[PDB]
Chemist: 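Model shown: Integrin beta-3 + lotrafiban.
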Amino acid sequence: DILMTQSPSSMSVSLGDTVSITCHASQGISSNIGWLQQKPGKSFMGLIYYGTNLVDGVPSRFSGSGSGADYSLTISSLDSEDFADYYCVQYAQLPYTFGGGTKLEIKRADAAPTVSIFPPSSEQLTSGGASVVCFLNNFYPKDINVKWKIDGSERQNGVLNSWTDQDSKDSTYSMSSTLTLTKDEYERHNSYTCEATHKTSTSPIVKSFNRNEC
Amino acid sequence: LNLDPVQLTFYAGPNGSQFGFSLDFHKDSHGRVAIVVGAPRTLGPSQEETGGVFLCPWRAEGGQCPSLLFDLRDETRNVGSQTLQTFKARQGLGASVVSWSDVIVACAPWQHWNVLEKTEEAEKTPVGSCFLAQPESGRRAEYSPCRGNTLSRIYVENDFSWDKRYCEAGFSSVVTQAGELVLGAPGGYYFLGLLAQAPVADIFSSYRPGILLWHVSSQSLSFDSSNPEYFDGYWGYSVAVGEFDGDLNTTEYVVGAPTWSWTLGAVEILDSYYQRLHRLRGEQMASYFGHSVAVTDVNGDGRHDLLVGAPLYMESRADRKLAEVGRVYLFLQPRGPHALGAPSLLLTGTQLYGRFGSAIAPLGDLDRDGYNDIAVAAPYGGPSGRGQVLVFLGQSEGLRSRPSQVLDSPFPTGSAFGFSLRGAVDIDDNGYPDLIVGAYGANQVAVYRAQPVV
Amino acid sequence: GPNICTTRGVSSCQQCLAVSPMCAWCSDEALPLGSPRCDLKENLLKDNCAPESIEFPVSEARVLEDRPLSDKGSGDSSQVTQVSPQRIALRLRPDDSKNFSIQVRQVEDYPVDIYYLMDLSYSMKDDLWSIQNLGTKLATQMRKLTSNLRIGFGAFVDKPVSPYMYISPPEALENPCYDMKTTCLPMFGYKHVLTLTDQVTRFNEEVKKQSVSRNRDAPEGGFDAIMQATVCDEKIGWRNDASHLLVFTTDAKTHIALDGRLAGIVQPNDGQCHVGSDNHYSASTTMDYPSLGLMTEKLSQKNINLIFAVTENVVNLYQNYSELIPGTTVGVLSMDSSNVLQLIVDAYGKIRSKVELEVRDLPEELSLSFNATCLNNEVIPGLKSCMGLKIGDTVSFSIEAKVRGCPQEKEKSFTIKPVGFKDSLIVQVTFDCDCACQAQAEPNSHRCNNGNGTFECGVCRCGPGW
Amino acid sequence: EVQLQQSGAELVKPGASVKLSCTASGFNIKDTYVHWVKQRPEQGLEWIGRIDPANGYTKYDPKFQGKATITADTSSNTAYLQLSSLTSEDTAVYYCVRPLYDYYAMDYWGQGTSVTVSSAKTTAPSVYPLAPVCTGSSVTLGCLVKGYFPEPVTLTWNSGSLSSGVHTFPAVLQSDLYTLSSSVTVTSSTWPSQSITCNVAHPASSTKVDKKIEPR
Ligand SMILES: *[C@@H]1O[C@H](CO)[C@@H](O[C@@H]2O[C@H](CO)[C@@H](O[C@@H]3O[C@H](CO[C@H]4O[C@H](CO)[C@@H](O)[C@H](O)[C@@H]4O)[C@@H](O)[C@H](O[C@H]4O[C@H](CO)[C@@H](O)[C@H](O)[C@@H]4O)[C@@H]3O)[C@H](O)[C@H]2NC(C)=O)[C@H](O)[C@H]1NC(C)=O
Ligand SMILES: CN1Cc2cc(C(=O)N3CCC(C4CCNCC4)CC3)ccc2N[C@@H](CC(=O)O)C1=O
Ligand SMILES: *[C@@H]1O[C@H](CO)[C@@H](O[C@@H]2O[C@H](CO)[C@@H](O)[C@H](O)[C@H]2NC(C)=O)[C@H](O)[C@H]1NC(C)=O
Ligand SMILES: *[C@@H]1O[C@H](CO)[C@@H](O)[C@H](O)[C@H]1NC(C)=O
Ligand SMILES: [Ca+2]
Ligand SMILES: [Ca+2]
Ligand SMILES: [Ca+2]
Ligand SMILES: [Ca+2]
Ligand SMILES: [Ca+2]
Ligand SMILES: [Mg+2]
C-alpha cells in the first residue's frame, strides 16, 4: 500500500498568515491526491481534487500544488474558520490511503498553568475507592508532562489523563489527570504530589497534600 | 428561388482534410456571423489524421480560415489502480459541428478509449468525444459521456448489457434553445444507439483537464433494450429538436435510426425523458430512412413540421425495375394532441445514385412570403452526377412539389457537394437568410447569398 | 365509291400512303383529270392504271437467321441456339402493324458456374465442418443436369477496421479469439480462394484448409463480397456461355450502403474490381458497402443469379431483399449448412423455371404487344413471361409491332432477349414511307408552271423555297 | 444539493453485527462510487471499501476482508455498511464518501455514524465533590463523574448559572466505564460565601444527581 507521510503534525499560527501543509507519498501518484478539512467536532468537507482543482464552494484562498510524490496545500490569509484538521488522501492506487493529519492551532503568548490538587472526597472513600485529581488549567503551548508522586516516588500505574481543545476565549489548553487507587492502598502512604513540566519554567510546578493532615 | 448562383463565396482548407464535412453558422457575443467548419481528416502534430475545426470570418471573397485549436495529444492517467487512455489518432474531429450562443461544439465520433487493470482491459473502442470552445474567451471543455472503466470480462458476464464502448458520441449533434447539448451515439448499447444530453453550462463547470473520467450529474442518457427491432439500428445516426407535444416548456427530440427493424429504418419523436411519442417507419428496406432529419414549420401554422431523408430509396419504374434515387418525406404536425399521419408530400430524386435527401436544411423564409422553405441535397445528382442542392418553398398546404431553384455543384466530380448543409441565417446582414454548402470531397465550402426576389 | 384515300384529297404519292395502309398511288400519265390517283389498288386497276406505275407497299416480315433450337447445350463451342429465329427483317408503312413470332427453349445439359461465397465469421464455426465433402457431393448431383460444371470458393467476414474489428491487445489482431481458449484467423474483408474450375476435388481440399475469423458486430460484410465476386470476371472465372450461380451463405444480418460511416468510411462503392494478386479485397477499409441498386446493376450486367442461402432466423430479411433485387432466389439453410447441397439444386431448378422476355433499343414510335404460350399450347394474351417450366421445355410468343406515323430515320433495329439468356432475336425494321417514283423526280420541270415546280410520280410539286 | 445522511450512532456488544446506512439526498445514489472510511483518534483515517450501486460490485482493503460488507439498494437510494464479529478496535466513527466530479475522488462526506462496542451495562455515574485542601485570590473547585455508561453526560454549575471560567473535560474510558471531570474558578470572596453545586445528568439511566461542594 502507498504510505502518506503528511507534515507537520500541527502548527501554531495567526490570522492572515500564509501557511503551507505538505504531503509525501512512498511513490509517484501523478497529482491523484485530495485534501480534506474537518472543523472541530464536525464532519469532513472536500477542498482539493486531482492535486490542484478546487471543490465547488471552497474559497479561492485555498490552493493545491505539487507533482510526482510531493504535494502541498496552501492557505493565503487565514480566516477564523480555517483553524481545523487537514488530511491528504491519495487515490492513485487501491486501497486509498490517508495522511496522518495536520491541526491548525491559534498562536498566542506562552502562559503558565494554574495547578490544583484535590484529595478523594468522603463519598468515594466510604465505597472502597480513592481518586486524587490534579487540574492544570489555561496554559500555552499545548506541550506538557504530568508526573504523579507518592511519598516522593513516581507512580505510573492507574493514571487517567484528559485534555481539552484550544479554548475559544483565551486560546489556551487545559488538562485533567486522575490517579485512582483502592481505599486500602491509598492509606499505606501519606504524601500525594503531581508535578507539572512546562516550557514556562525550568522548575516543575508542584502541588501536593498530606493524608489525614489538613 | 432567390439564392444568387452567379457570385458565390468559396472557403477552402487543406488538401485531403475533408474540410466541409460539417458546418454551421456562429454568432459571437456581438452577433457577428462566422462559419465553423469541421475537417475530420486534418493532420495533427504526429502528421497523423486527427481532424480539425476552422472558424471562418465572413468575407465576400472567402479564402483560408484560422484554426480553432484543440488538444490533440493522447492522454494517460494512472488512477485507482487502473490506467485510462484516450487515442485521438483518426478520431475525426470535426465530423459534426454545431453552434449555440457563443459556444462551438465539435465532435470526434471515432476517438478511441481503453482502460488497463493489470492484464485485463476494457477494450480499445470508439466511445467518441466532443470538444467545446468559447472562441472569444479561450475557454475549452470536453464531454465524453460513454467513457467507462468496466473491464471486458464483466460485459461478457452480463451479456453486454449497458455497453457504451462503441457509442461514437458526437456522430450527430444538436443544441436546444435552452442550451442542452444532445449527442447521437449510433453505436451505443452494442450498436442499438443511444442519445446523451447535458447542459452546456454544466459541461464547462464540471470539466477539468486530465481527469478523463468525470461525472456530469445533470446529464441524461437514453436506454438499452432487449427488443430485436432495435438491434443494429444506429439510433442516433441523426438528431434534431422541435416542439411536438403542445407544451412549450418541454423540448422534444427527433432521432434517426436508419437501420431500425432489420434495415426498415425509423424516426422517433421523444420527450426530454426519452419516452417515445411517435414513430415513423421506413417505406422500403435499406433506403436508410432516417439518414437525415429536419424540423421546421413549413406551412406557417406555428407547428413545427418533420422532414426525413431516405437517400437510397429505389423508385418503381416501367418493366418492374427499380432505381436508387432517394426520397424525402414531409410530415405536417396536426392541430393539438394527435399523431403525425401519413406523409403529406413525397419528394423523390431523379438522378440514379444521386442520394437525394442525404441532407435537408431548413432555410427559414427565403423569398420572404411568410412560409419557411428547405433545401434538399443530392450530393451525386444533376445530369453530370457532380451534385445538386434543390430548394422547395413552403406554402399553406405544405411544400411545393417542384423546386424553385436548383444549385449545380461548382466543384469537380467527387466533391460530395451538399453532403452537409446549413441555412436560415443572414450572414451579410441584408435581411435575407443564406445557405452554406459543404463539399468535403473538394475540401471547400460554398456560400450562397439570398438576394431580393426577381 | 369514294373512300378515305380519295376524300382526303392528297397532294403527292408520299401523302397518299400516309393516309392509311390500304391506300395506293397511280403514277401513270394517261389518267383522267377527274379520276383520283390515290385510291384502293383494286379501284386503280379498275380505272386503267398501268400496273408498273402502282405504288403500294405491303407491310411484311421475313426471317434472315432461323437456326434450329438445340436439343443439347452440352459440348459444342458455344454454338447452342436458345432463341429462334435469331434475326428477322421488318417492313412497315405509316400507322400499320405486322406480326411475327419467337421461340425460346430452356436447353438441356447447359453448362453451369457455381461460386460458393461463404460467411467465415465466428458464428459459422460449425458450418465449415459439414461442407468438407460438398464439392464431390455437388458434382454427383449436378452431373444429372449438366456435363459442364465448374465450382469456386470465396470467403468473407467484415471490414477489418474498428469497431467491427477487435483492436486490443496487440495479440488480438493476429488472433481475434485470444480472450477465449482457441485460435482463429486475423480478420479479413473478402478473400477469393478458388477460381471456377471443373476439378471438384480442389473445392474439397481448399475448404478443408479454411478456418473462421471473429469480429464484433453480428451483421457481416457479405455485400462487399457479392460485389467483388460479380465485377471481378477474370479472377472468379465466370464463363461466357454458362449459367452463373452465386451462392451466398450467412447466419446473420448484413451491412448495407451508408453503414460504413461507423468506421469512418464515407466514399461510395464504385462497383469496380479491387481484388489483386493477393486475392483480398483491398478497398475493404476505404470504400463503403455497396447499395442494393448498385448490386442489381452489376448482377444484371454479368448475368449473375444471386442465391441467398441463409438460416431461418434471417430468411424473412433476405426474402425481402430478394424482392428488391429481381432474379434473386432464396433457400433455407440449416444452422450448420448440412442441407446446402439440396438448396442449390432446388435453386437451379427454380432459376431455369422462367422465361421472361426483354426489349432493348426499341424506338419511340414503335409499340409492341405480346401473346404467350406456356404449358401445352395455352395462349395467354398480354403477357411476355412464362413460369413453372422445366429443363427442356419450350415456349413461344406472338408479337405485334404498331408504328405511329412515319419516323425520320428509315432504318433502325432493336432486340428481343430473355432475361439471363445468351441468344436473342434482332429485329431489323425498315420504314417504307416513300415511293419508288420519287427517286426519279424532275426538278425544275417544264410541265409545272414554267419551271417553278417539280414533277414527281405524275404530278407537280412546289419546289424548295416556295 | 448533495447531502449524505447516515444512520444514528450505534451502541453494540462484542461479537455481534451492525448495519450502518448512508441515504442519498438531492441526487441518485446510483450516480457515483460510494466509499466507507473509518476514523479513530490514534490510528487516524482508514479506507474500508467502495461500491458501484448501479451494479453492486465492491472493492475492499485486505485489512477489512471478513468484517466489512458493503451493499446498496437503489430503491431506497441508500448504501449500507455491515460489520461483523465486532471488537473494541471496531469502535470508531464511520463516514460514507462520494466524489464530486472526478470518478476516483473523495469530496462529499456524510456526517458520520458513531459506533461503540462494549459489554458494559447501563450504569449510573458516581458524582464526587472536589474541595481544595486547608489561600490565594483565585479559588478552584471540581466535580468527578466516574463509572458511568454509556455516553454522554451534561454537567453544569448552579444549574447553568455559573458558566464562565469553567473547564469540563472530555470523557475517558476506564475499564469499560466512562469517567469525566470538570473544574471551575472564581474569587475567594465567592466561595464558600456562595453555594456552588455540580449538576450531573445521565439520560441513559435517567439520573440527575447534584452535589454541593463543601470545604474541609
Ligand atoms: C419482410 O417483409 C414483410 C412484408 O412487408 C414484413 O411483413 C409485414 O410486417 C408488418 C409489420 O410487422 C405488417 O404490418 C402490420 O399489419 C398488421 C395487419 O396486417 C394484416 O394483413 C396481413 C397481410 O398478409 C396479414 O398477414 C396479417 O395477419 C394481418 O391480418 C397490423 O396489425 C399492423 O399494425 C399495427 O402495428 C403497427 C406497427 O407494426 C402500428 O403502426 C399500427 O398502428 C397497428 O398497431 C401492421 O400494419 C405486415 O402486415 C406484414 N406483412 C405480411 C405479409 O406479413 C416483414 O416484417 C419483413 N421482415 C423482415 C425481417 O424485414
Ligand atoms: C456468436 N456471434 C454472433 C453475434 C451475436 C450477437 C447478438 O445477437 N447479441 C444479442 C444482443 C446483445 C445486445 C443487445 C442490446 N442490449 C445489449 C446486449 C449483443 C449480443 C452480437 C454479435 C455477434 N457477433 C458475431 C461476430 C462474428 O460473426 O464473428 C459472433 O461471434
Ligand atoms: C393476341 O391475342 C388476341 C386475342 O386474345 C388477338 O386479338 C384478336 O386478333 C384477331 C386477329 O385476326 C383480330 O381479328 C381480333 O379482332 C382480335 N381480338 C381482340 C383484339 O380482342 C391479338 O391479335 C393477338 N396478338 C398477337 C400479337 O398475338
Ligand atoms: C401474323 O398473325 C396472323 C394472325 O394473328 C397469323 O395467322 C400469322 O401466322 C402471323 N405471321 C407469322 C409470320 O407468325
Ligand atoms: Ca414540448
Ligand atoms: Ca406546420
Ligand atoms: Ca418562403
Ligand atoms: Ca443574406
Ligand atoms: Ca460484423
Ligand atoms: Mg457472423
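The sequence lines are taken in order and lettered A, B, and onward as chains. Shown for chain A, in order and in the PDB entry numbering: 1-214. Chain B is numbered as in the PDB entry; shown residues: 1-454, in order. Chain C residue numbers are taken from the PDB entry; in order, the displayed residues are 1-466. Residue numbering for chain D follows the PDB entry, covering 1-134, 138-219 in order. Note that these values count all heavy atoms, side chains included, but never hydrogens, waters or copies made by symmetry. Both ligands and their constituent atoms are indexed starting at 1 by order of listing. The way this entry was determined, per its header, is X-ray crystallography, 2.8 Å.
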Chemist: Which components of the model belong to lotrafiban?
Modeler: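 At ligand 2.
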Chemist: In this structure, which other chains have a heavy atom at a distance under 4.0 Å from lotrafiban (ligand 2)?
Modeler: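 Counting heavy atoms only, the chains are B, C.
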Chemist: Can you walk me through which residues contact lotrafiban (ligand 2) using 4.0 Å for heavy atoms?
Modeler: B:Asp159, B:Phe160, B:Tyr189, B:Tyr190, B:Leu192, B:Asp224, B:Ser225, B:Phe231, C:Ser121, C:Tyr122, C:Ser123, C:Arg214, C:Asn215, C:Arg216, C:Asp217, C:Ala218, C:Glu220
Chemist: UniProt domain of chain C most involved in contacts with lotrafiban (ligand 2)?
Modeler: vwfa
Chemist: State which organism the PDB entry lists for chain C.
Modeler: Homo sapiens
Chemist: Give the UniProt-annotated Mg(2+)-binding residues in chain C that lie under 4.0 Å from lotrafiban (ligand 2) by heavy-atom distance.
Modeler: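 Those UniProt residues with a heavy atom under the cut-off: C:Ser121, C:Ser123, C:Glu220.
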Chemist: Please give the name under which the deposit lists chain B.
Modeler: Integrin alpha-IIb heavy chain
Chemist: Quick sanity check - which UniProt Ca(2+)-binding residues of chain C lie within 4.0 Å of lotrafiban (ligand 2) on heavy atoms?
Modeler: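 UniProt annotation plus heavy-atom distance gives C:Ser123, C:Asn215, C:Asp217, C:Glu220.
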